[PDB]
J.: 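Hey, got a structure here with tacrolimus, can you help?
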Amino acid sequence: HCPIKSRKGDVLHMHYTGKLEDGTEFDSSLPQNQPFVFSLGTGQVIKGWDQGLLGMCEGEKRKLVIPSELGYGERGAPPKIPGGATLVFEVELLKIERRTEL
Ligand SMILES: C=CC[C@@H]1/C=C(\C)C[C@H](C)C[C@H](OC)[C@H]2O[C@@](O)(C(=O)C(=O)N3CCCC[C@H]3C(=O)O[C@H](/C(C)=C/[C@@H]3CC[C@@H](O)[C@H](OC)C3)[C@H](C)[C@@H](O)CC1=O)[C@H](C)C[C@@H]2OC
């Protein structure tokens, strides 16, 4: 059951856990139980998120495996992310907030 699914310009509420290749976890929203909120497809987030999160239903989970060209490239994001790194995100969509009227 999925009456609405994510499209560009939607505001998404998401839980995530990010891991590096060696399985070590570098960030997660679950411990503080505070979902991350962003607008899809506006360039607010790394490309691998904007491209990997379309057509999603609330309640759906996805595993994203993001190569560094779609992530933080050659400079990375010190201290948690080295340059050239592949990122693994496990994500869950909690809510779609979509501007309905004009
Ligand atoms: C002034 C404070 C900064 C401001 C911080 C917040 C609102 C708090 C928010 C929870 C972020 C987290 O803070 C605990 C933390 O999330 C990470 O741990 C992480 O899991 C991650 O990779 N995420 C977060 C979840 C969405 C995907 C990705 C991201 O796209 O993040 C986005 C990101 C960094 C995009 C850059 C922007 C510049 C481009 O040039 C670059 O390159 C294209 C891509 C984040 C959300 C930015 O929009 C907003 C911010 O950065 C980063 C490893 C480090 C990051 O803190 C820095």
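Just so you know, residue 1 is the first one in the sequence shown, and it goes up from there. Atom set for the values below is all heavy atoms of this structure, side chains included, hydrogens, waters and symmetry mates excluded. We count ligands from 1, going down the list as the structure has it; atoms in each ligand are counted the same way.
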J.: By the name used in the PDB entry, which chain has the largest number of heavy-atom pairs within 4.5 Å of tacrolimus (ligand 1)?
T.: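 Main partner, per contacts: Peptidyl-prolyl cis-trans isomerase FKBP2.
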J.: Name the residues that contact tacrolimus (ligand 1) at heavy-atom distances below 4.0 Å.
T.: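 Sure - by heavy atoms, that gives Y16, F26, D27, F36, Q44, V45, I46, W49, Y72, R75, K80, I81, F89.
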J.: Number the atoms of tacrolimus (ligand 1) from 1 as they appear, then name those within less than 4.0 Å of a heavy atom of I81, with their elements.
T.: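 It comes down to these atoms of tacrolimus (ligand 1): 53 (C).
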J.: Distance under 4.0 Å to a non-hydrogen atom of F89: what atoms of tacrolimus (ligand 1) satisfy this?
T.: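 Tacrolimus (ligand 1) atoms under the 4.0 Å threshold to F89: 20 (O), 22 (O).
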J.: Does the protein place a non-hydrogen atom closer than 4.0 angstrom to atom 13 (O) of tacrolimus (ligand 1)?
T.: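 Answer no: nothing from the protein, no heavy atom, is under 4.0 Å.
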J.: By UniProt annotation, which domain of chain A makes up most of the contact surface with tacrolimus (ligand 1)?
T.: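 UniProt calls that domain PPIase FKBP-type.
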J.: Using a 4.0 Å cut-off to any heavy atom of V45, which atoms of tacrolimus (ligand 1) qualify?
T.: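 So the answer, numbered in order with elements, is 26 (C), 30 (O).
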J.: Looking at the entry, what source organism goes with chain A?
T.: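 Going by the PDB entry, Homo sapiens.
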